[PDB]
Structures are given as C-alpha cells and as structure tokens.
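To start, the structure under review is shown below, and the notes come after it.
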Amino acid sequence: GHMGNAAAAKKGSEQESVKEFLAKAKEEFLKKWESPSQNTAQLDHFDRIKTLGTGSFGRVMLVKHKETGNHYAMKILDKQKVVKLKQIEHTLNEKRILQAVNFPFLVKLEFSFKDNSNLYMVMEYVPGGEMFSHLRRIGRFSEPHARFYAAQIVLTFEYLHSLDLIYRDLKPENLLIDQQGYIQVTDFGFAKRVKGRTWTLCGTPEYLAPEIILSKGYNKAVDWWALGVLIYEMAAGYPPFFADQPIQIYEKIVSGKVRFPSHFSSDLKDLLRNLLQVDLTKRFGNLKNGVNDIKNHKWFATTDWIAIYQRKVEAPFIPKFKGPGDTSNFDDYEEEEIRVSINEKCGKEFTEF
Amino acid sequence: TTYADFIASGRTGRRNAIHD
Ligand SMILES: O=S(=O)(c1cccc2cnccc12)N1CCCNCC1
C-alpha cells in the first residue's frame with residue numbers, strides 16, 4: 001500500500017488525536033457560546049490613532065489602551081446604520097462567534113462594549129495587513145509559501161466545521177498576516193452555525209461555490225471550494241475564474257472547467273481539481289474521509305500539521321514591523337469623527353451585544 | 001495571456017461581497 005506499518009500507525013494516531021482535540025474544543029466553545037461575555041471595557045479606555053479599514057460595515061481603527069500602551073484594532077459599527085442595512089443578526093452573530101471561538105489563526109476579541117450610538121469590538125491588532133496587499137505586490141506566492149498559508153486555513157476550517165460553523169467569507173482581502181508571518185481570520189459576518197444545509201446567497205463572486213450560484217441548499221463544502229480558489233490565487237497571482245462582470249464569472253465557475261499556469265506542480269493541480277470539483281459527491285472535504293483527503297494529499301506531504309498548529313514552523317515571509325502602532329501595512333483613509341449621541345439608539349435590538 | 005486577461009477584467013483590486 002502507500003504506507004508501511006509505522007507510517008500508517010502514526011497517521012492513524014494523529015487523526016485520532018485530532019478527534020480528541022476537536023471534542024474538547026467543542027466543549028469549550030459551547031460554554032462561551034451559551035454564556036457570552038459583554039461590556040468588558042469602555043471607549044475612554046482607548047486613544048484613537050488611525051483608521052485601518054472602512055466599508056459598509058463601518059470602520060476599524062487602530063487604538064491604544066491608555067494604561068498598558070497596548071495597541072488594538074477597534075471595529076466600530078453605527079447601530080442605526082446596521083439596522084438600516086438589515087445587518088442586526090449578522091452583527092450580533094459575528095460578536096457572539098468571536099467571543100466564543102479560540103484558535104491560533106482566529107483573531108481574538110479582547111474587549112467589546114456599546115454606547116448610545118455605536119457597537120465596538122476591540123480585537124488584537126494584526127500589524128502585517130491583508131494577504132491581498134502582499135499577494136498583489138509580490139505577484140504570486142511560491143508553492144511552499146502558498147502551502148504554509150493553506151495549511152493554516154485547512155486547520156482553521158477543520159476547527160470551525162467541527163463547531164458546525166460555515167465560514168463563507170474566504171478571500172485574501174479577509175486574511176491578515178501577523179508579526180510572525182501567520183494568518184489571522186477576522187471577519188465572521190457571513191459565518192453561520194448550522195449543522196445541515198443553508199441557502200443564503202452571500203460571498204464574493206470569484207470565491208462562490210457552484211451550488212451557491214445555482215441557488216441550491218448548500219453545506220460546509222462551500223468552504224473547501226473556496227479554499228481551492230484561495231490556493232489557486234495564492235499560487236497563480238490571479239483566481240481560477242474571473243471576467244469583467246460577475247455573471248460571466250458564475251458561468252465559468254459552474255462550467256466544470258479550470259485551467260492552470262504551466263508552473264503549477266502536478267500535485268497542486270490534482271489537489272485543486274479535487275477542491276474545485278463541481279460535483280459535490282466528489283469534492284474533497286465532502287467525502288467519507290472528510291478533511292483527511294486534503295491533509296493527506298501529496299501536495300501537503302511536507303506539512304507538519306502539529307508544527308503549524310503550534311506555530312513552530314518558520315514563516316516564509318515576515319511583514320515589515322517598525323514597532324508597536326506601526327500601520328504601514330495598511331492603507332490610508334479619511335478620518336471621521338466618532339459621534340456618540342446623548343440619546344440611546346436601537347437599544348432593544350442590541351441588548352445581546 | 002491569462003495574466004493580461006486578469007488585468008483587463010478590472011477585478012484586480014479588492015473585491016466586494018455580493019451584499020456590498
Ligand atoms: O483589516 S481590518 O480592518 C481588521 C479587522 C479586524 C481586526 C483587525 C486587526 N488588525 C488589523 C486590522 C483588522 N479588516 C476589515 C474588513 C476587511 N477584511 C480584513 C479585516
């Protein structure tokens with residue numbers, strides 16, 4: 001067979017140990033999920049420094065805790081705008097997930113609170129910026145570099161899926177690089193805790209699985225499809241399906257055809273054909289062997305999964321770090337006031353926050 | 001080339017999700 005006795009026994013033991021880890025991780029998650037933390041700091045504990053990111057969601061600001069001097073990234077949402085955009089449930093769910101999960105590649109919520117006007121999630125500051133910026137600058141990542149990041153996503157999805165969390169928002173724009181070169185996943189607005197199927201059309205066109213496009217009920221296999229898109233884009237410098245307009249992108253996604261750069265290794269192409277598999281009965285991550293079809297694939301043969309989890313692998317790339325509070329890996333944005341009204345807005349809606 | 005096609009797509013910058 002492919003493995004002799006010693007290798008087979010080692011792999012089996014490793015796979016059983018994953019099960020044991022995940023069982024304990026679920027117990028811990030469920031305790032925090034059922035009794036979320038609330039109101040663990042306040043706005044005047046922090047100095048506002050600079051805007052790190054802005055969007056329809058709101059803003060993320062670099063802040064400094066006045067006592068410790070520790071920097072954090074503070075996501076600020078205007079309660080009235082959340083209501084207007086019909087994002088109450090997503091916003092509550094994002095905070096609930098973040099305060100309940102615990103994994104080395106998931107950003108940590110250090111504090112959260114609210115005031116008359118806004119909701120605040122204070123997360124660890126991840127100073128390396130978005131993978132997106134580094135990928136577009138460098139052009140593409142070597143296969144070992146892409147593999148290092150991919151392995152972290154595989155472990156992160158193995159963890160999330162064991163909690164019945166589908167992620168649904170994977171793309172380089174949503175992956176940050178920390179000071180040690182490891183990945184941090186931060187955005188949980190599209191994540192959903194659901195054991196079976198779900199139906200919402202959400203995500204980013206290039207990363208949508210065919211079954212989402214085709215308005216099917218779908219499951220956690222969409223995250224494994226998205227991993228295939230991510231690995232492809234990391235290694236090629238462009239995604240597998242693109243076009244001028246989303247409608248065209250969707251046609252390519254559902255077609256069952258993907259083409260690869262000539263520099264892709266055969267191992268990479270085989271993995272990607274099995275992740276970018278339109279037929280759900282054939283897609284890796286969705287078969288009887290589960291995540292093991294991915295972790296045991298030849299493209300990952302050099303990956304020491306425990307060493308990645310323990311963060312003992314030397315990262316292939318370390319972002320420039322001039323010091324605490326350095327924001328040079330993020331873009332510059334027009335700075336807007338943080339208005340706090342004298343009157344409480346949308347109190348009932350956000351009781352759980 | 002595929003790279004040139006990517007640049008021509010106009011989708012080389014940050015990509016919005018569907019709801020945005
Ligand atoms: O970089 S963020 O502003 C950001 C969010 C959360 C925690 C962060 C921690 N450090 C820096 C930036 C952070 N960002 C906003 C949405 C776009 N996707 C990437 C996350």
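First the proteins, then the strands, lettered A, B, ... as listed; each starts at 1. Whatever order the structure lists them in is the order used to number ligands and atoms, beginning at 1. Determined by X-ray crystallography, 1.4 Å, according to the entry header.
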Most-contacted chain near ligand 1 (per the PDB entry): cAMP-dependent protein kinase catalytic subunit alpha
Drug name (ligand 1): fasudil
Neighbouring chains of fasudil at under 4.0 Å, heavy atoms only: A
Organism, chain A, PDB record: Cricetulus griseus
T186(A) neighbourhood, listing fasudil atoms whose heavy-atom distance to it stays under 4.0 Å: 6 (C), 7 (C), 19 (C), 20 (C)
Nearest neighbour of atom 8 (C) of fasudil from the list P172(A), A73(A), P127(A), on a heavy-atom basis: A73(A)
Per-residue contact class, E173(A) against fasudil - non-hydrogen pairs under 4.0 Å: backbone
From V185(A), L176(A), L62(A) - option closest to atom 13 (C) of fasudil by heavy atom: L176(A)
Fasudil contact by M123(A), heavy-atom criterion under 4.0 angstrom: yes
UniProt domain count leader: chain A with fasudil: Protein kinase
Fasudil contact on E124(A) by region, counting heavy-atom pairs under 4.0 Å: backbone
Atoms of fasudil, numbered as shown, that sit under 4.0 Å from any heavy atom of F330(A): 1 (O), 11 (C), 12 (C)
Fasudil-proximal atoms of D187(A), by part, heavy-atom distance under 4.0 Å: side chain
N174(A) to fasudil, any heavy atom closer than 4.0 Å: yes
For fasudil, the portion of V126(A) having any non-hydrogen atom under 4.0 Å away: both
